[PDB]
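Model: transthyretin / ligand liothyronine.
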Amino acid sequence: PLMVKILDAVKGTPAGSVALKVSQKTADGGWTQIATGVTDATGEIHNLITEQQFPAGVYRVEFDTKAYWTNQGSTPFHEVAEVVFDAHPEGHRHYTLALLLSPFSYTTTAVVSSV
Amino acid sequence: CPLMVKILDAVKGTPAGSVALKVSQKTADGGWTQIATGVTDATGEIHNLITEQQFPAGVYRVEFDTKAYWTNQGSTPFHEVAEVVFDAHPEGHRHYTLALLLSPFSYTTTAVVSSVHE
Amino acid sequence: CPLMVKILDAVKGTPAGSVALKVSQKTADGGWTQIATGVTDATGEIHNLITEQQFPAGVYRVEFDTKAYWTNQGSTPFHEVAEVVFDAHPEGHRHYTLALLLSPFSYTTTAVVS
Amino acid sequence: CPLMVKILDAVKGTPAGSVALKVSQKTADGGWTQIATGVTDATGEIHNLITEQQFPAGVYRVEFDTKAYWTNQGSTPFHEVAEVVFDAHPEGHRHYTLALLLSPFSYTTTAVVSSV
Ligand SMILES: N[C@@H](Cc1cc(I)c(Oc2ccc(O)c(I)c2)c(I)c1)C(=O)O
Ligand SMILES: N[C@@H](Cc1cc(I)c(Oc2ccc(O)c(I)c2)c(I)c1)C(=O)O
(Lines of atoms letter the chains of each structure in order from A and count residues from 1; the text may use other names and numbers.)
(Lines give C-alpha, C1' and ligand atoms only; values in the text may rest on other atoms or scores of the structure.)
(Ligands and ions follow the chains in the order given, each with its own letter.)
Protein backbone atom coordinates (compact mmCIF):
# COMPACT_ATOMS: atom_id res chain seq x y z
CA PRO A 1 0.00 0.00 0.00
CA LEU A 2 2.99 2.27 0.59
CA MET A 3 5.72 2.39 -2.07
CA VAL A 4 8.51 4.90 -2.66
CA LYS A 5 10.50 5.98 -5.69
CA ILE A 6 13.59 8.07 -5.04
CA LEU A 7 15.46 9.68 -7.93
CA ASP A 8 18.86 11.35 -7.96
CA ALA A 9 18.50 14.63 -9.96
CA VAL A 10 22.28 14.96 -10.29
CA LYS A 11 22.94 11.51 -11.79
CA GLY A 12 19.67 10.79 -13.60
CA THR A 13 19.31 7.48 -11.82
CA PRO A 14 17.28 6.24 -8.88
CA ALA A 15 18.75 6.84 -5.45
CA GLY A 16 19.89 3.50 -4.16
CA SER A 17 20.67 2.59 -0.56
CA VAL A 18 18.61 5.36 0.99
CA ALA A 19 17.71 4.43 4.56
CA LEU A 20 14.13 5.22 5.63
CA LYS A 21 11.70 4.72 8.48
CA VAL A 22 7.93 4.83 8.57
CA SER A 23 6.16 6.07 11.68
CA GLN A 24 2.48 6.24 12.51
CA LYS A 25 1.05 9.10 14.56
CA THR A 26 -0.39 7.93 17.91
CA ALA A 27 -3.48 9.26 19.72
CA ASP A 28 -1.45 11.54 22.01
CA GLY A 29 0.36 13.21 19.12
CA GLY A 30 3.44 10.98 19.35
CA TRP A 31 4.98 8.56 16.83
CA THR A 32 5.29 4.82 16.67
CA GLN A 33 7.75 3.13 14.28
CA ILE A 34 6.04 0.61 11.99
CA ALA A 35 8.85 -0.26 9.57
CA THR A 36 12.33 0.61 8.36
CA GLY A 37 14.15 -0.18 5.14
CA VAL A 38 16.74 0.80 2.56
CA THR A 39 15.98 1.46 -1.13
CA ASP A 40 17.27 -1.07 -3.61
CA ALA A 41 19.16 0.06 -6.74
CA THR A 42 15.88 1.10 -8.41
CA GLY A 43 15.27 3.58 -5.57
CA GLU A 44 12.33 1.45 -4.36
CA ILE A 45 11.55 -0.66 -1.26
CA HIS A 46 9.40 -3.76 -1.76
CA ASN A 47 7.06 -5.14 0.88
CA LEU A 48 7.72 -2.14 3.12
CA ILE A 49 4.52 -2.69 5.10
CA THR A 50 1.37 -4.74 4.63
CA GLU A 51 -2.24 -3.65 4.25
CA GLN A 52 -3.19 -4.37 7.87
CA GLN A 53 -0.14 -2.46 9.04
CA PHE A 54 -1.31 0.62 7.14
CA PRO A 55 -4.72 1.77 8.41
CA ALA A 56 -6.05 5.32 8.03
CA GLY A 57 -4.08 7.91 9.98
CA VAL A 58 -1.18 10.33 9.88
CA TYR A 59 2.16 8.86 8.82
CA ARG A 60 5.71 10.13 8.70
CA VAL A 61 8.35 8.69 6.40
CA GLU A 62 11.88 9.87 7.14
CA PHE A 63 14.53 9.49 4.45
CA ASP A 64 18.20 9.64 5.38
CA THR A 65 19.18 11.88 2.47
CA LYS A 66 22.17 13.36 4.33
CA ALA A 67 23.88 9.96 4.44
CA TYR A 68 23.01 9.47 0.77
CA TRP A 69 24.75 12.64 -0.41
CA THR A 70 27.66 12.12 2.00
CA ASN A 71 28.30 8.69 0.50
CA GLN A 72 28.01 10.17 -3.02
CA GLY A 73 30.64 12.80 -2.08
CA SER A 74 28.40 15.89 -1.94
CA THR A 75 27.73 17.99 1.14
CA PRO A 76 23.96 18.48 1.34
CA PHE A 77 21.73 21.04 2.93
CA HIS A 78 19.07 18.91 4.63
CA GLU A 79 19.70 16.79 7.71
CA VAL A 80 16.86 14.48 6.62
CA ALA A 81 13.85 14.54 4.30
CA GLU A 82 10.51 14.06 6.11
CA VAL A 83 7.20 13.28 4.43
CA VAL A 84 4.24 13.66 6.79
CA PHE A 85 0.78 12.95 5.41
CA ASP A 86 -2.72 11.63 6.04
CA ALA A 87 -3.32 8.20 4.54
CA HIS A 88 -6.70 6.74 3.60
CA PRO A 89 -5.86 3.23 2.34
CA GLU A 90 -9.46 2.07 2.38
CA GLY A 91 -10.17 0.22 -0.85
CA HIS A 92 -7.38 -0.49 -3.32
CA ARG A 93 -5.71 2.82 -2.42
CA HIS A 94 -1.94 2.46 -2.92
CA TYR A 95 0.47 5.29 -2.09
CA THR A 96 3.73 6.07 -3.87
CA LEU A 97 6.03 8.61 -2.29
CA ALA A 98 8.05 10.05 -5.16
CA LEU A 99 11.17 11.81 -3.97
CA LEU A 100 13.50 13.83 -6.21
CA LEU A 101 16.87 14.61 -4.70
CA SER A 102 19.57 17.23 -5.17
CA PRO A 103 22.18 18.30 -2.57
CA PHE A 104 20.39 21.60 -1.85
CA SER A 105 16.84 20.73 -2.85
CA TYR A 106 14.25 17.97 -2.85
CA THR A 107 10.74 17.45 -4.15
CA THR A 108 8.22 15.29 -2.34
CA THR A 109 5.21 14.18 -4.38
CA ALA A 110 2.60 11.52 -3.80
CA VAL A 111 0.79 9.37 -6.31
CA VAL A 112 -2.37 7.89 -4.83
CA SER A 113 -4.08 5.14 -6.84
CA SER A 114 -7.86 5.25 -6.56
CA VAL A 115 -10.10 2.29 -5.66
CA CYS B 1 11.50 0.87 -25.34
CA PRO B 2 14.28 3.41 -25.58
CA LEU B 3 12.03 6.35 -24.74
CA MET B 4 9.44 6.28 -21.99
CA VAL B 5 7.53 8.99 -20.16
CA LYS B 6 5.97 9.23 -16.70
CA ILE B 7 3.74 12.25 -16.16
CA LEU B 8 2.36 13.16 -12.72
CA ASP B 9 -0.37 15.60 -11.72
CA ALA B 10 0.82 17.48 -8.62
CA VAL B 11 -2.63 18.88 -7.94
CA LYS B 12 -4.66 15.66 -7.93
CA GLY B 13 -1.91 13.28 -6.81
CA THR B 14 -2.37 10.86 -9.68
CA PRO B 15 -0.54 10.25 -12.93
CA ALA B 16 -1.56 12.67 -15.68
CA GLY B 17 -3.80 10.77 -18.07
CA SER B 18 -4.60 11.78 -21.66
CA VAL B 19 -1.68 14.14 -22.05
CA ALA B 20 -0.89 14.56 -25.74
CA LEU B 21 2.74 14.51 -26.78
CA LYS B 22 4.95 14.52 -29.84
CA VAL B 23 8.56 13.49 -30.39
CA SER B 24 10.73 15.30 -32.95
CA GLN B 25 14.28 14.81 -34.11
CA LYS B 26 16.60 17.63 -35.08
CA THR B 27 17.64 17.21 -38.73
CA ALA B 28 20.99 17.95 -40.38
CA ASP B 29 19.74 21.36 -41.56
CA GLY B 30 18.73 22.26 -38.01
CA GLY B 31 15.00 21.77 -38.51
CA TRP B 32 12.72 19.38 -36.61
CA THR B 33 11.14 16.24 -37.96
CA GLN B 34 8.23 14.64 -36.14
CA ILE B 35 8.80 10.91 -35.57
CA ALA B 36 6.03 9.96 -33.17
CA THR B 37 2.95 11.19 -31.39
CA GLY B 38 0.90 9.72 -28.61
CA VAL B 39 -1.31 10.26 -25.58
CA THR B 40 -0.59 9.07 -22.03
CA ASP B 41 -2.67 6.30 -20.52
CA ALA B 42 -4.19 6.37 -17.02
CA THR B 43 -0.73 5.52 -15.59
CA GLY B 44 0.74 8.65 -17.18
CA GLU B 45 2.81 6.54 -19.59
CA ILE B 46 2.93 5.79 -23.31
CA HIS B 47 3.93 2.29 -24.31
CA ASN B 48 5.84 1.56 -27.53
CA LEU B 49 6.35 5.26 -28.35
CA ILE B 50 9.27 4.54 -30.71
CA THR B 51 11.64 1.64 -31.46
CA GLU B 52 15.41 1.38 -31.05
CA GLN B 53 15.80 1.76 -34.81
CA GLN B 54 13.90 5.06 -34.68
CA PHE B 55 16.22 6.36 -31.97
CA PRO B 56 19.76 6.94 -33.24
CA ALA B 57 21.96 9.37 -31.32
CA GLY B 58 20.93 12.96 -31.98
CA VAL B 59 18.92 15.85 -30.56
CA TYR B 60 15.30 15.11 -29.67
CA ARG B 61 12.46 17.37 -28.57
CA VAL B 62 9.50 15.91 -26.69
CA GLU B 63 6.59 18.35 -26.52
CA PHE B 64 3.74 17.81 -24.08
CA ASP B 65 0.41 19.57 -24.49
CA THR B 66 0.14 20.58 -20.85
CA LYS B 67 -1.90 23.64 -21.74
CA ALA B 68 -4.75 21.43 -23.04
CA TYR B 69 -4.38 19.16 -20.03
CA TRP B 70 -4.96 22.00 -17.53
CA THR B 71 -7.64 23.65 -19.64
CA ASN B 72 -9.53 20.31 -19.65
CA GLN B 73 -9.02 20.18 -15.86
CA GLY B 74 -10.79 23.55 -15.57
CA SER B 75 -7.56 25.20 -14.49
CA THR B 76 -5.57 28.17 -15.71
CA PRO B 77 -2.11 27.16 -16.92
CA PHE B 78 1.02 29.23 -17.42
CA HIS B 79 3.06 27.32 -20.03
CA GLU B 80 1.99 27.07 -23.69
CA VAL B 81 3.57 23.64 -23.85
CA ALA B 82 6.12 21.64 -21.86
CA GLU B 83 9.34 21.02 -23.80
CA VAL B 84 12.11 18.54 -23.06
CA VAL B 85 15.04 18.85 -25.44
CA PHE B 86 18.05 16.59 -25.12
CA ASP B 87 20.91 14.94 -26.98
CA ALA B 88 20.07 11.23 -26.88
CA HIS B 89 22.88 8.73 -26.43
CA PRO B 90 21.25 5.33 -26.87
CA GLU B 91 24.51 3.45 -27.22
CA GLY B 92 25.12 0.76 -24.69
CA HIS B 93 21.42 -0.09 -24.28
CA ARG B 94 20.77 3.18 -22.50
CA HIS B 95 17.03 3.87 -22.23
CA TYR B 96 15.41 7.16 -21.20
CA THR B 97 12.44 7.89 -18.97
CA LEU B 98 11.25 11.46 -19.11
CA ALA B 99 9.63 12.16 -15.77
CA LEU B 100 7.37 15.19 -15.72
CA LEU B 101 5.69 16.64 -12.63
CA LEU B 102 2.86 19.05 -13.54
CA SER B 103 1.16 21.95 -11.74
CA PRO B 104 -0.71 24.74 -13.57
CA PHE B 105 2.07 27.27 -13.00
CA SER B 106 5.02 24.90 -12.75
CA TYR B 107 6.55 21.75 -14.17
CA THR B 108 9.61 19.70 -13.37
CA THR B 109 11.38 17.80 -16.10
CA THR B 110 13.69 15.04 -14.94
CA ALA B 111 15.36 12.29 -16.89
CA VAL B 112 16.25 8.79 -15.72
CA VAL B 113 18.93 7.10 -17.87
CA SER B 114 19.32 3.81 -16.03
CA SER B 115 16.90 1.71 -14.04
CA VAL B 116 19.52 1.33 -11.28
CA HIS B 117 21.91 3.47 -9.20
CA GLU B 118 25.76 3.54 -9.43
CA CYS C 1 17.56 38.53 8.66
CA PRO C 2 19.82 35.47 8.55
CA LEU C 3 16.79 33.27 7.93
CA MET C 4 14.45 34.14 5.08
CA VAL C 5 11.67 32.19 3.42
CA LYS C 6 10.08 32.45 -0.01
CA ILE C 7 6.95 30.41 -0.54
CA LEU C 8 5.32 30.12 -3.97
CA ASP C 9 1.98 28.62 -4.96
CA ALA C 10 2.57 26.47 -8.06
CA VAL C 11 -1.14 26.32 -8.83
CA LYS C 12 -1.83 30.08 -8.79
CA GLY C 13 1.59 31.35 -9.81
CA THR C 14 1.77 33.80 -6.98
CA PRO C 15 3.58 33.76 -3.66
CA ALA C 16 1.78 31.82 -0.91
CA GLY C 17 0.33 34.37 1.49
CA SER C 18 -0.69 33.73 5.09
CA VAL C 19 1.27 30.47 5.48
CA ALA C 20 1.94 29.78 9.15
CA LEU C 21 5.43 28.62 10.09
CA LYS C 22 7.59 28.00 13.15
CA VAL C 23 11.35 27.79 13.62
CA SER C 24 12.77 25.30 16.13
CA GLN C 25 16.35 24.74 17.28
CA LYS C 26 17.66 21.29 18.22
CA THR C 27 18.74 21.13 21.87
CA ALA C 28 21.56 19.27 23.60
CA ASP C 29 19.29 16.32 24.52
CA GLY C 30 18.07 15.92 20.91
CA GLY C 31 14.74 17.70 21.41
CA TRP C 32 13.37 20.80 19.75
CA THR C 33 12.91 24.26 21.18
CA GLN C 34 10.77 26.78 19.30
CA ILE C 35 12.51 30.13 18.78
CA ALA C 36 10.05 31.93 16.49
CA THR C 37 6.80 31.74 14.58
CA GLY C 38 5.34 33.84 11.83
CA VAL C 39 2.94 34.00 8.94
CA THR C 40 3.95 34.88 5.38
CA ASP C 41 2.92 38.17 3.89
CA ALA C 42 1.50 38.48 0.37
CA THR C 43 4.96 38.13 -1.15
CA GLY C 44 5.35 34.76 0.56
CA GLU C 45 8.09 36.09 2.82
CA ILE C 46 8.50 36.76 6.55
CA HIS C 47 10.58 39.76 7.52
CA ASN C 48 12.63 39.77 10.70
CA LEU C 49 11.74 36.19 11.52
CA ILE C 50 14.73 35.88 13.87
CA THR C 51 17.89 37.88 14.60
CA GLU C 52 21.52 36.81 14.18
CA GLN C 53 21.58 36.55 17.98
CA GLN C 54 18.86 33.92 17.87
CA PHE C 55 20.54 32.01 15.06
CA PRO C 56 23.77 30.38 16.26
CA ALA C 57 25.42 27.42 14.59
CA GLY C 58 23.26 24.32 15.07
CA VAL C 59 20.46 22.19 13.69
CA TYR C 60 17.17 23.85 12.84
CA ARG C 61 13.68 22.80 11.82
CA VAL C 62 11.33 25.06 9.93
CA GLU C 63 7.82 23.71 9.84
CA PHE C 64 5.25 25.22 7.43
CA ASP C 65 1.49 24.72 7.89
CA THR C 66 0.80 23.85 4.25
CA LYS C 67 -2.32 21.83 5.08
CA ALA C 68 -4.11 24.95 6.42
CA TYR C 69 -2.96 26.88 3.37
CA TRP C 70 -4.52 24.42 0.92
CA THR C 71 -7.62 23.91 3.05
CA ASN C 72 -8.14 27.67 2.99
CA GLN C 73 -7.57 27.67 -0.79
CA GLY C 74 -10.29 25.02 -1.07
CA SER C 75 -8.08 22.01 -1.97
CA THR C 76 -7.43 18.71 -0.18
CA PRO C 77 -3.68 18.36 0.11
CA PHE C 78 -1.41 15.41 0.70
CA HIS C 79 0.98 16.69 3.34
CA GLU C 80 0.12 17.52 6.90
CA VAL C 81 2.91 20.00 6.99
CA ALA C 82 6.15 20.85 5.20
CA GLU C 83 9.31 20.23 7.20
CA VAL C 84 12.74 21.70 6.49
CA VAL C 85 15.53 20.40 8.72
CA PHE C 86 19.10 21.64 8.29
CA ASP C 87 22.41 22.34 10.00
CA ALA C 88 23.05 26.06 10.00
CA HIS C 89 26.47 27.71 9.94
CA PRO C 90 25.45 31.39 10.00
CA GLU C 91 28.61 32.48 11.76
CA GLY C 92 29.93 35.21 9.45
CA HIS C 93 26.75 36.85 8.13
CA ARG C 94 25.70 33.73 6.24
CA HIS C 95 22.11 34.27 5.06
CA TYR C 96 19.72 31.36 4.52
CA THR C 97 16.72 31.52 2.21
CA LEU C 98 14.36 28.58 2.40
CA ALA C 99 12.52 28.48 -0.94
CA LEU C 100 9.38 26.42 -0.98
CA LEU C 101 7.22 25.61 -3.98
CA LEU C 102 3.74 24.30 -3.16
CA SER C 103 1.17 22.14 -4.90
CA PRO C 104 -1.62 20.19 -3.15
CA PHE C 105 0.20 16.88 -3.74
CA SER C 106 3.83 18.00 -3.99
CA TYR C 107 6.28 20.51 -2.57
CA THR C 108 9.88 21.40 -3.36
CA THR C 109 12.20 22.70 -0.66
CA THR C 110 15.41 24.33 -1.81
CA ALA C 111 17.99 26.38 0.01
CA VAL C 112 19.98 29.36 -1.15
CA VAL C 113 22.93 29.94 1.19
CA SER C 114 24.40 33.38 0.64
CA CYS D 1 10.56 45.41 -15.82
CA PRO D 2 7.80 43.11 -17.04
CA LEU D 3 10.01 40.04 -17.41
CA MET D 4 12.38 38.89 -14.68
CA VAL D 5 14.20 35.64 -14.07
CA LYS D 6 15.55 33.94 -10.96
CA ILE D 7 17.75 30.92 -11.56
CA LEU D 8 18.95 28.72 -8.69
CA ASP D 9 21.55 25.93 -8.65
CA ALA D 10 20.16 23.01 -6.64
CA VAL D 11 23.59 21.38 -6.34
CA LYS D 12 25.46 24.30 -4.82
CA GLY D 13 22.63 26.07 -3.06
CA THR D 14 23.35 29.38 -4.77
CA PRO D 15 21.75 31.37 -7.57
CA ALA D 16 23.03 30.32 -10.98
CA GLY D 17 25.33 33.06 -12.29
CA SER D 18 26.47 33.57 -15.89
CA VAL D 19 23.59 31.63 -17.42
CA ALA D 20 23.00 32.83 -21.00
CA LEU D 21 19.43 33.39 -22.15
CA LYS D 22 17.49 34.51 -25.17
CA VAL D 23 13.95 35.88 -25.28
CA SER D 24 11.93 35.40 -28.47
CA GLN D 25 8.42 36.41 -29.42
CA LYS D 26 6.22 34.16 -31.57
CA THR D 27 5.24 35.76 -34.85
CA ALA D 28 1.89 35.73 -36.66
CA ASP D 29 3.12 32.93 -38.94
CA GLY D 30 4.20 30.71 -36.07
CA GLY D 31 7.87 31.69 -36.25
CA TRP D 32 10.08 33.45 -33.71
CA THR D 33 11.73 36.85 -33.46
CA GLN D 34 14.51 37.56 -31.00
CA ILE D 35 13.84 40.52 -28.72
CA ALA D 36 16.57 40.22 -26.07
CA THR D 37 19.56 38.27 -24.87
CA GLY D 38 21.28 38.43 -21.53
CA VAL D 39 23.36 36.62 -18.97
CA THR D 40 22.39 36.23 -15.31
CA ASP D 41 24.42 38.01 -12.69
CA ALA D 42 25.60 36.48 -9.41
CA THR D 43 22.09 36.67 -7.98
CA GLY D 44 20.76 34.58 -10.87
CA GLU D 45 18.87 37.55 -12.28
CA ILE D 46 18.96 39.80 -15.33
CA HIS D 47 18.11 43.44 -14.88
CA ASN D 48 16.40 45.55 -17.53
CA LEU D 49 15.97 42.56 -19.82
CA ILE D 50 13.19 44.27 -21.79
CA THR D 51 10.83 47.23 -21.47
CA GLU D 52 7.06 47.17 -21.08
CA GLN D 53 6.78 48.60 -24.59
CA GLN D 54 8.71 45.56 -25.89
CA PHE D 55 6.42 43.13 -24.04
CA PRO D 56 2.89 43.15 -25.47
CA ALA D 57 0.58 40.20 -24.94
CA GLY D 58 1.65 37.20 -26.94
CA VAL D 59 3.56 33.93 -26.85
CA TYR D 60 7.16 34.17 -25.71
CA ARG D 61 9.99 31.64 -25.53
CA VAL D 62 12.86 32.10 -23.10
CA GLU D 63 15.76 29.74 -23.86
CA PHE D 64 18.33 29.20 -21.09
CA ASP D 65 21.74 27.78 -21.91
CA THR D 66 21.75 25.33 -19.04
CA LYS D 67 23.96 22.86 -20.97
CA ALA D 68 26.85 25.37 -20.97
CA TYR D 69 26.18 26.20 -17.32
CA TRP D 70 26.66 22.55 -16.27
CA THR D 71 29.51 21.87 -18.70
CA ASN D 72 31.33 24.82 -17.19
CA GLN D 73 30.55 23.45 -13.68
CA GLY D 74 32.34 20.24 -14.67
CA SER D 75 29.10 18.27 -14.56
CA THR D 76 27.15 16.21 -17.05
CA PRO D 77 23.80 17.77 -18.03
CA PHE D 78 20.83 16.01 -19.53
CA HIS D 79 19.02 18.84 -21.30
CA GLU D 80 20.34 20.43 -24.45
CA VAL D 81 18.64 23.69 -23.43
CA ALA D 82 15.89 24.80 -21.02
CA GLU D 83 12.94 26.47 -22.72
CA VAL D 84 10.06 28.25 -21.12
CA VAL D 85 7.21 28.97 -23.52
CA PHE D 86 4.17 30.94 -22.37
CA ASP D 87 1.42 33.28 -23.50
CA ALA D 88 2.12 36.51 -21.65
CA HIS D 89 -0.72 38.70 -20.33
CA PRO D 90 0.91 41.84 -19.03
CA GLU D 91 -2.23 43.98 -19.13
CA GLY D 92 -3.01 45.70 -15.86
CA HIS D 93 0.68 46.06 -14.98
CA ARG D 94 1.29 42.32 -14.49
CA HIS D 95 4.96 41.37 -14.33
CA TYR D 96 6.41 37.92 -14.72
CA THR D 97 9.26 36.25 -12.91
CA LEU D 98 10.52 33.01 -14.46
CA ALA D 99 11.93 30.93 -11.63
CA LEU D 100 14.16 28.12 -12.74
CA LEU D 101 15.58 25.46 -10.42
CA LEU D 102 18.55 23.64 -11.98
CA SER D 103 20.05 20.24 -11.38
CA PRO D 104 22.13 18.38 -14.00
CA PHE D 105 19.34 15.90 -14.80
CA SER D 106 16.32 17.93 -13.76
CA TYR D 107 14.92 21.46 -13.80
CA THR D 108 11.81 23.13 -12.48
CA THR D 109 10.27 25.99 -14.36
CA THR D 110 7.76 28.06 -12.42
CA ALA D 111 6.20 31.43 -13.04
CA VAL D 112 5.23 34.09 -10.55
CA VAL D 113 2.81 36.72 -11.76
CA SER D 114 2.57 39.83 -9.61
CA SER D 115 0.72 43.11 -9.90
CA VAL D 116 3.81 44.74 -8.43
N1 LIG E 1 8.06 1.20 -12.69
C2 LIG E 1 7.31 2.43 -12.44
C3 LIG E 1 7.94 3.01 -11.16
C4 LIG E 1 7.90 4.52 -11.11
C5 LIG E 1 6.98 5.21 -10.30
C6 LIG E 1 6.94 6.61 -10.26
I7 LIG E 1 5.64 7.75 -9.07
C8 LIG E 1 7.92 7.32 -11.11
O9 LIG E 1 7.98 8.66 -11.17
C10 LIG E 1 8.75 9.38 -10.33
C11 LIG E 1 9.43 8.81 -9.26
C12 LIG E 1 10.20 9.62 -8.42
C13 LIG E 1 10.30 11.00 -8.65
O14 LIG E 1 10.99 11.74 -7.90
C15 LIG E 1 9.55 11.58 -9.81
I16 LIG E 1 9.55 13.58 -10.42
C17 LIG E 1 8.81 10.73 -10.60
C18 LIG E 1 8.85 6.55 -11.93
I19 LIG E 1 10.18 7.60 -13.13
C20 LIG E 1 8.83 5.18 -11.91
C21 LIG E 1 7.37 3.30 -13.66
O22 LIG E 1 8.29 3.15 -14.46
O23 LIG E 1 6.49 4.13 -13.90
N1 LIG F 1 12.67 37.06 -2.88
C2 LIG F 1 12.89 38.18 -3.79
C3 LIG F 1 13.50 37.63 -5.08
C4 LIG F 1 13.10 36.18 -5.30
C5 LIG F 1 12.06 35.82 -6.19
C6 LIG F 1 11.69 34.48 -6.38
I7 LIG F 1 10.16 33.83 -7.69
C8 LIG F 1 12.45 33.48 -5.62
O9 LIG F 1 12.17 32.16 -5.66
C10 LIG F 1 12.70 31.22 -6.45
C11 LIG F 1 13.66 31.46 -7.43
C12 LIG F 1 14.13 30.39 -8.20
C13 LIG F 1 13.64 29.09 -7.98
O14 LIG F 1 14.07 28.14 -8.67
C15 LIG F 1 12.62 28.88 -6.92
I16 LIG F 1 11.75 27.06 -6.40
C17 LIG F 1 12.19 29.97 -6.20
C18 LIG F 1 13.50 33.92 -4.70
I19 LIG F 1 14.54 32.52 -3.59
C20 LIG F 1 13.81 35.25 -4.57
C21 LIG F 1 11.62 38.91 -4.13
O22 LIG F 1 10.82 38.37 -4.89
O23 LIG F 1 11.38 40.03 -3.65
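Chain letters run A, B, ... following the sequence lines, proteins first and then strands; every chain starts at 1. These numbers come from the heavy atoms of this one structure, side chains and all, not from hydrogens, waters or symmetry mates. Note that ligands are numbered from 1 as they come in the structure, with each ligand's atoms numbered from 1 the same way. Determination method: X-ray crystallography, 1.9 Å.
- Other chains with a heavy-atom distance under 4.0 Å to liothyronine (ligand 2) are given as C, D.
- Looking from atom 16 (I) of liothyronine (ligand 2) to the surrounding protein, the closest heavy atom is C/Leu101 CB, 4.4 Å.
- Distances from atom 14 (O) of liothyronine (ligand 2) to the heavy atoms of D/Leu100, D/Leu102, C/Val5 put D/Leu100 nearest.
- Every atom of liothyronine (ligand 2) is numbered from 1 in the order shown, and the set under 4.0 Å from a heavy atom of D/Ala99 is 11 (C), 12 (C), 13 (C).
- Atom 3 (C) of liothyronine (ligand 2) lies below 4.0 Å from none of the non-hydrogen atoms of the protein.
- Between the choices C/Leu8, C/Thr109, C/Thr97, the shortest heavy-atom distance to atom 19 (I) of liothyronine (ligand 2) belongs to C/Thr97.
- For a threshold of 3.5 Å applied to N or O pairs, the pair formed by D/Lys6 and liothyronine (ligand 2) contains no separation below that value.
- Close approach to C/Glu45 involves these atoms of liothyronine (ligand 2), each under 4.0 Å from a residue heavy atom: 1 (N), 2 (C), 21 (C), 22 (O), 23 (O).
- Taking a cut-off of under 4.0 Å to the non-hydrogen atoms of D/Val112, the atoms of liothyronine (ligand 2) that pass are 7 (I).
- For liothyronine (ligand 2), the heavy-atom contacts closer than 4.0 Å come from C/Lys6, C/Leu8, C/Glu45, D/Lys6, D/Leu8, D/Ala99, D/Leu100, D/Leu101, D/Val112.
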